[PDB]
*Asks:* 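This is the structure I want to talk about, given as structure tokens.
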Amino acid sequence: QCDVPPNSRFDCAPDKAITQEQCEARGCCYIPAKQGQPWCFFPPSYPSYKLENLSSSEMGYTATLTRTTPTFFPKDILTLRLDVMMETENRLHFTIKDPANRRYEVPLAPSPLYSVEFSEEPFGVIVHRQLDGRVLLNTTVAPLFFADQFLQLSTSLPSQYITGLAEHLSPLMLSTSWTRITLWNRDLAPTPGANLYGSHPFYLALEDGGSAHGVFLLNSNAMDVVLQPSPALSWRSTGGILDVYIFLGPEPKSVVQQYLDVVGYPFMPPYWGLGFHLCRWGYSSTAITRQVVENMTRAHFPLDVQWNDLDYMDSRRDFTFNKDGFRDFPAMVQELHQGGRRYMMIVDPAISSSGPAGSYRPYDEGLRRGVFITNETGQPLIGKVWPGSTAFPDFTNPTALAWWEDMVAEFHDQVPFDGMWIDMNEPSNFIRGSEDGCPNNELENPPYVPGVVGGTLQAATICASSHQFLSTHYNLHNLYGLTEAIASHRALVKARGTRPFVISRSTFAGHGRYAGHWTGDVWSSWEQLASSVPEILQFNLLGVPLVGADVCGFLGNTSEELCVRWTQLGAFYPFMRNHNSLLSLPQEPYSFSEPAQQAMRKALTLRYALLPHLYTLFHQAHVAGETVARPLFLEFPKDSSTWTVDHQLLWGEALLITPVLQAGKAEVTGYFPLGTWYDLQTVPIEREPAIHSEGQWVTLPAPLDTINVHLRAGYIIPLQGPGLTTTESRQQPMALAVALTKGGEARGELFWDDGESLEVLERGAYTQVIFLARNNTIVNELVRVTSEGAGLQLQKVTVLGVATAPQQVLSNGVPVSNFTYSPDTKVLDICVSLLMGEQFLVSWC
Ligand SMILES: *[C@@H]1O[C@H](CO)[C@@H](O[C@@H]2O[C@H](CO)[C@@H](O[C@@H]3O[C@H](CO)[C@@H](O)[C@H](O)[C@@H]3O)[C@H](O)[C@H]2NC(C)=O)[C@H](O)[C@H]1NC(C)=O
Ligand SMILES: *[C@@H]1O[C@H](CO[C@@H]2O[C@@H](C)[C@@H](O)[C@@H](O)[C@@H]2O)[C@@H](O[C@@H]2O[C@H](CO)[C@@H](O)[C@H](O)[C@H]2NC(C)=O)[C@H](O)[C@H]1NC(C)=O
Ligand SMILES: *[C@@H]1O[C@H](CO)[C@@H](O[C@@H]2O[C@H](CO)[C@@H](O)[C@H](O)[C@H]2NC(C)=O)[C@H](O)[C@H]1NC(C)=O
Ligand SMILES: *[C@@H]1O[C@H](CO)[C@@H](O[C@@H]2O[C@H](CO)[C@@H](O)[C@H](O)[C@H]2NC(C)=O)[C@H](O)[C@H]1NC(C)=O
Ligand SMILES: *[C@@H]1O[C@H](CO[C@@H]2O[C@@H](C)[C@@H](O)[C@@H](O)[C@@H]2O)[C@@H](O)[C@H](O)[C@H]1NC(C)=O
Ligand SMILES: OCCN1C[C@H](O)[C@@H](O)[C@H](O)[C@H]1CO
Ligand SMILES: [Cl-]
Ligand SMILES: [Cl-]
Ligand SMILES: [Cl-]
């Protein structure tokens, strides 16, 4: 019975330290590890549920599951209902529910790629990949627990390679060495082993050969996910139901798209949101804040969006501004707009509750309309945050949504801010639970407490048993940030009538449909620079492509060298903002030495040149569930050498970025998949020219002023001329960079709209163009042309991998006014006068 291989032992004492006698009294095996691995584990005969009355419907299957021997947790639900729904050829969905009681649920050849079978006793669901018979899910490997406050469902994993389960500071590929991953949204500076600000109960598992599948557990309760080296995984949740989606891929990119089909495709940001953002805690007046913009401009640094932190508020209260340093706040923001820039400011969820009645409308009106989370006696739960005593809005309450909309619109009428930076929305609390503590009940003190920092669900947040419109906070806590993001998205649409721009700290699965994210209070360290790459990649896999870390780091003091490298890498975060803590030394680009400034300016210039391409990538994310920043393994999954690479990133399919992530380095070694990769430094923007890789690591020169960026052969990138804002840059002529395959082929595209309006795709108010290189010609193919985009000027075409000097270069049949060819770099640079929205033909020979 107890002869179970060490790596396949599932823990029978996850709840407490246990003796041999107690372990054996549970019906479990006790075998100490020889050096983590559980000492108390389930024998193969441990009582589980039994499958009964399996029946077939048009959807799939239904059955009853019966447990006859209780577990060691209280309130086993002895009779359950199983429902299996074969929803698409790629998506399998099953639920396990209590048929006697509605439990909490998170609010909202022709053949499938999967096949499903069931084990009868012990009960399990087994999902095969039909094409190769690989076992993807097999829940028979351990008992099913389903008690009121403890659900556990386990499965074998098809390999040691698994990614997902945000938010944690870790490699992109998670460790299967007895790792406990905790999902409970928590205000904590990112550090390993800890539950951070968000929770995404989704994983993508790679399979030998390069196929992959994904699993989403649609459950918002505090949970542990435990990975072990057999390899296997156990979901351990503290409430709700088991609601499981399996996505069959087979390509990792298809897995992600299929997942996003369920939770939502990324929202389309406004174009200006892709520009540079600059912020700190400590810009303590409008004068100082205006000087930031002046100082950036004077030193030729692009800046699209100026931000303020808590500084602007009156006594740290939402929807106010102080009349000392920020007396002329409205005028400052109007001026920013006149110069072609936008403005963002921090908003906290918590609302000051201590002011004299009638003196602070957000609280007074909130009270009148019953918008706040309430406690046992039905009053607002009062915590402590920046303004002092605060109540917490309940963003599951439709009346609170209406109130938030009003507060945002009213404040916007005073100061016309262009989006919302929503912070502290875990929700963070400076004290435990509330000013008045929390009651003693099973929600506050549950039978299984996941591995949360502080050892309690109340730590750094509000009472678990507090009341929200849809349910208790116990069930809804992990949705708090998401629900505020939805409320703010709608608020901004109503107040401004154009695309919302919301950047949120706390997130849950599906967040990306409404908003972006930044990774929080990262230290200004080389370690955190390096860690930002896997984290940015992870959030893209989870459908939140508008993600980045605070450039140069938030906590502590940056060094000049670190800030150069971080600006270089950060210029490839899809969301790029330099933000800085209150007590830190300044780290704006203009605050550094001239050479450092030059390097920071080059990084920003390159990003701005790439903005039409980055915007097109966001379009693909929004319309097709693509990633914007993506790991090498998503693009080359059949090359197993890519699987553990997470200190390089791609933008889309074609742009490979290999950053220096350590002090004192003048070179960097990165993986180059099979193909030709052209050095982007050979493309004129206002050392081998090509790496010919067999699939191999290559050491690259990387002096302090350089970040390595390579363009994949077979791809065409649209670029646009420079500006200190997108308002300026969007008016510039465009260019193409055309990276030829050895056979002379390349493809790419451009998506263009007005940069801001809602319902663009539905209304068809966009231009969409494909570019094709073939047989010494470049043409455009007009997928759609409208007023927005038709008149975009193409003035430069740069062709990489042209082996021999051309004798003539033609544009629409006529010799061009000017071209140059470099025999050393194999680059043909062509001046033209063409329009993106009209069919052209460029050729050479
Ligand atoms: C539910 O939340 C409400 C707040 O909305 C809590 O009300 C608080 O109740 C405590 C006593 O339990 C009050 O403290 C008392 O204050 C007076 C002077 O102000 C003092 O003389 C007493 O000795 C005591 O300290 C507190 O003022 C009150 N808070 C507010 C804002 O009125 C209520 O206790 C919560 N209920 C539960 C079960 O947690
Ligand atoms: C498994 O199902 C049997 C049969 O249930 C009946 O047929 C089903 C298709 C559906 O129409 C049910 O409503 C029917 O009751 C269950 O056995 C029956 O139990 C009922 C109630 O105890 C009893 O009146 C009948 O005599 C039983 N019929 C037979 C043929 O045995 C059985 O309880 C189900 N098992 C579980 C674990 O739920
Ligand atoms: C799913 O997992 C279960 C449990 O690990 C596997 O069932 C065991 O299979 C071995 C080898 O065939 C047998 O010796 C045991 O009797 C089985 N255990 C139980 C509890 O049934 C099963 O093979 C797996 N299924 C697939 C398709 O991989
Ligand atoms: C913007 O740049 C100006 C000019 O460099 C800064 O003004 C200087 O500030 C220092 C304090 O660090 C003073 O010692 C000097 O007297 C100032 N010089 C000049 C020419 O005015 C200013 O601090 C910068 N402001 C911001 C917000 O970065
Ligand atoms: C960050 O730096 C703060 C100020 O440092 C002081 O002034 C600068 C210009 C340097 O000369 C430095 O050597 C001085 O000590 C410190 O007060 C603060 O503690 C620093 N923070 C951390 C986390 O190191
Ligand atoms: O309690 C700190 C609250 N906020 C935490 C955010 O992560 C950080 O970016 C921000 O500067 C800070 C002040 O608003
Ligand atoms: Cl013992
Ligand atoms: Cl397949
Ligand atoms: Cl409920």
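The PDB entry numbering applies to chain A: residues 81-115, 123-195, 204-781, 794-952, in that order. When a ligand or atom number is given, it counts from 1 through the structure's own listing order. Computed from heavy atoms alone, side chains included, the values below leave out hydrogens, waters and symmetry copies.
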*Asks:* Pick the drug at ligand 6 from miglitol, dimethyl fumarate, lamivudine.
*Replies:*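 The right pick is miglitol.
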*Asks:* Per UniProt, what is the name of the chain that shares the largest number of close contacts with miglitol?
*Replies:*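 By contact count, the main one is 76 kDa lysosomal alpha-glucosidase.
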*Asks:* Could you pull out the residues near miglitol at 4.0 Å? Heavy atoms only, by chain and number.
*Replies:*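 Going by non-hydrogen atoms, it's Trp376, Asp404, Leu405, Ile441, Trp481, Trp516, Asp518, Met519, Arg600, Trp613, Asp616, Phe649, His674.
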*Asks:* Tell me whether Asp518 has any N or O atom under 3.5 angstrom from an N or O of miglitol.
*Replies:*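 Yes; the residue has a nitrogen or oxygen that sits under 3.5 Å from a nitrogen or oxygen of the ligand.
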*Asks:* Among protein heavy atoms, which sits nearest to atom 11 (O) of miglitol, and what does the distance come to when rounded to 0.1 Å?
*Replies:*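 Looking only at protein heavy atoms, the one closest to atom 11 (O) of miglitol is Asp404 OD2, 2.6 Å.
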*Asks:* Give the UniProt active-site residue in chain A with the shortest heavy-atom distance to miglitol, rounded to 1 Å.
*Replies:*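 In chain A, the nearest UniProt active-site residue by heavy atoms is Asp518, 3 Å.
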*Asks:* Pull out every atom of miglitol sitting under 4.0 Å from any heavy atom of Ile441, numbered as shown with elements.
*Replies:*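 Selected atoms, number and element: 14 (O).
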*Asks:* Based purely on interatomic distance, does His674 place a nitrogen or oxygen under 3.5 Å from a nitrogen or oxygen of miglitol?
*Replies:*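 For miglitol, there is an N or O atom that lies under 3.5 Å from one belonging to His674.
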*Asks:* Counting both backbone and side chain atoms, is some N or O of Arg600 under 3.5 Å from an N or O of miglitol?
*Replies:*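 Yes; at least one N/O pair falls below 3.5 Å.
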*Asks:* So, regarding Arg672 and miglitol (criterion: nitrogen or oxygen to nitrogen or oxygen, under 3.5 Å), is there a contact or not?
*Replies:*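 Such a contact does not occur with miglitol.
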*Asks:* Could you check which UniProt substrate-binding residues of chain A come within less than 4.0 Å of miglitol, heavy atoms only?
*Replies:*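 UniProt-annotated residues with a heavy atom under 4.0 Å: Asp404, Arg600, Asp616, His674.
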*Asks:* Quick check: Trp376 and miglitol, any N/O pair under 3.5 Å apart?
*Replies:*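 Min N/O separation from miglitol is not below 3.5 Å for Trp376.
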*Asks:* Among all protein heavy atoms, pick the one closest to atom 7 (O) of miglitol and tell me residue, atom and distance.
*Replies:*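 For atom 7 (O) of miglitol, the nearest protein heavy atom is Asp616 OD1, 2.7 Å.
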*Asks:* Atoms of miglitol less than 4.0 Å from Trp481 heavy atoms?
*Replies:*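 The list of qualifying atoms is 1 (O), 2 (C), 3 (C).
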